[PDB]
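Read through the structure below, which is laid out as structure tokens, and then see the notes.
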Amino acid sequence: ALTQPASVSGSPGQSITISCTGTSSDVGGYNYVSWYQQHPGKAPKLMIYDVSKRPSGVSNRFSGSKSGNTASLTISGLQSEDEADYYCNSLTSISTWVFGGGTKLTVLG
Amino acid sequence: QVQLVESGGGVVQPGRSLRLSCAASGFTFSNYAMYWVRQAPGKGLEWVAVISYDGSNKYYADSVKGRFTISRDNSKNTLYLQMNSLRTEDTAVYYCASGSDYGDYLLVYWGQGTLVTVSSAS
Amino acid sequence: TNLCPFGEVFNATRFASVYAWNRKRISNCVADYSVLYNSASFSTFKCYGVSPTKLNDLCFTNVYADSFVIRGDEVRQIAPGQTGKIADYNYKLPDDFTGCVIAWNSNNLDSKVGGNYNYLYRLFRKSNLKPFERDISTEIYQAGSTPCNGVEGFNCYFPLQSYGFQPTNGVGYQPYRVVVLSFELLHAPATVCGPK
DNA sequence: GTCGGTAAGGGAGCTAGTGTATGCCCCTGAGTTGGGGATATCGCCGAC
DNA sequence: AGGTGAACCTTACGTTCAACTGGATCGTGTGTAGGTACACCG
Ligand SMILES: *[C@@H]1O[C@H](CO)[C@@H](O)[C@H](O)[C@H]1NC(C)=O
């Protein structure tokens with residue numbers, strides 16, 4: 001599987017970075033990562049299409065990036081309603097769709 | 001908008017068969033590959049199965065290899081997953097993802113998904 | 001005077017297989033290549049026989065737009081005087097080409113999981129292909145000196161082979177949509193030039 | 001008040017609507033989408 | 001739901017004088033799963 005921070009916290013307004021890493025096969029060689037945001041008791045829906053892209057209709061603030069073997073999501077000016085779980089996906093060799101794991105964002109309310 | 005509805009299934013005894021059906025509408029089913037993804041209660045996601053756009057080629061996660069069977073029919077626009085030899089740890093909520101246009105290696109639509117509980121109790 | 005229907009070609013839902021490349025005539029319009037960009041990351045736009053910088057100051061009797069799909073390592077074969085499976089069996093371009101090609105990656109949109117069998121290319125042929133010729137016959141191609149009376153088997157293969165496009169393919173092995181605009185001009189009124 | 005140094009006289013970057021140099025895809029090619037080098041006029045604060 | 005059996009160019013490369021000599025190794029370097037499944041105790 002992939003490795004992600006257990007939890008990330010940050011006050012509203014600033015920039016928050018969430019990073020996930022894996023071996024060369026998962027993301028290091030294949031640039032097919034894509035991140036999903038799942039709210040409590042809701043169906044996860046795509047947030048970051050491809051290594052760095054976004055499907056139509058999603059917020060502009062979210063931005064995906066790749067640094068060598070790691071893949072990161074940057075959120076600018078996040079609000080309280082962005083509190084949810086975030087997973088980083090990746091297509092590895094011979095299929096085997098690995099998943100990020102778990103990462104929760106909280107707002108200092 | 002595009003809908004995806006899972007038939008679902010109630011609590012079943014361990015090691016018993018169970019058929020789950022995902023019905024999709026609002027987009028062309030027969031040109032994209034569906035995925036079945038499980039999520040244990042309170043845990044992260046985990047890919048379970050995927051089927052090609054015509055059912056020729058199917059892939060399963062190593063955890064469910066040799067026990068599950070994912071198929072689909074385009075005549076009535078439906079996807080099926082058959083579960084055999086269930087285990088207590090398999091309890092989870094199942095989502096029937098689509099992989100719509102501009103991406104097929106990735107999961108997009110993520111229909112509501114049903115819940116399956118595997119406990120030896122009434 | 002109306003904009004050329006380049007959307008109907010570039011934005012087309014599905015591209016035909018290389019062995020059955022389409023051909024759409026474009027005329028009575030203005031070629032505004034400015035809008036053509038910002039449509040996927042183009043992989044090749046190279047023109048022979050006409051300087052692109054002045055493309056907006058001349059037009060022709062007509063232009064033929066042929067669209068198809070080929071793998072990246074194969075796209076280099078779409079050019080005059082080139083050699084290769086496509087160059088001799090599927091799509092052959094005259095040495096005096098008056099026109100040019102455009103190619104852009106379509107992996108995200110045209111690479112099904114487990115293999116996309118909707119696209120086929122002719123892997124066997126008795127003789128090379130003449131310039132701008134289409135072949136669609138699926139007769140069994142005998143290789144040895146043993147006639148097979150049109151039955152697939154030993155030493156008698158099906159001429160067409162389906163492209164095995166997959167997401168996990170190589171960087172150059174992913175599908176690439178190619179649109180070739182052949183500018184044909186004669187002693188006839190010009191049809192397709194953009195703003196002066 | 002006069003003159004010499006100035007991310008500056010030659011380095012790097014790419015993304016089409018369009019300016020003067022952190023720009024111009026200028027000029028087109030390994031086809032995987034991009035290579036090095038073209039006239040500097042320069043302009044302006046600060047130390048002497 | 002597995003073991004023999006015979007295949008079918010099998011599908012996915014890492015390339016140009018060619019083809020199968022008609023072997024799974026074979027010229028240059030291949031490689032394999034399902035099943036077609038019809039009894040069992042179930
Ligand atoms: C083709 O489709 C894309 C995305 O749907 C769109 O942005 C683009 O404008 C279309 N092509 C042209 C030439 O307009």
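Chain letters run A, B, ... following the sequence lines, proteins first, then strands; residues in each count from 1. Side chains are part of it too, since the values below use all heavy atoms of this structure and drop only hydrogens, waters and symmetry mates.
- Drug identified at chains A and B: REGN10987.
- Short version: main partner of REGN10987, named per UniProt, is Spike protein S1.
- Counting only heavy atoms under 4.5 Å, the other chains near REGN10987 are C.
- Restricting the count to heavy atoms under 4.5 Å, the chain of REGN10987 most paired with chain C is chain B.
- The PDB entry lists the organism for chain C as Severe acute respiratory syndrome coronavirus 2.
- The UniProt domain of chain C that supplies most contacts to REGN10987 is BetaCoV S1-CTD.
- In this structure, the epitope of REGN10987 on chain C at a heavy-atom cut-off of 4.5 Å takes in C:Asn107, C:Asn108, C:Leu109, C:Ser111, C:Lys112, C:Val113, C:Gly114, C:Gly115, C:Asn116, C:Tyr117, C:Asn118, C:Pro167, C:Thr168, C:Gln174.
- On the antibody side, residues of REGN10987 within 4.5 Å of chain C (heavy atoms) are A:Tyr30, A:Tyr32, A:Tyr49, A:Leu91, A:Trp97, B:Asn31, B:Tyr32, B:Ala33, B:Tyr35, B:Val50, B:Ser52, B:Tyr53, B:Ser56, B:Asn57, B:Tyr59, B:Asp101, B:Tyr102, B:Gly103, B:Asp104, B:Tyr105.
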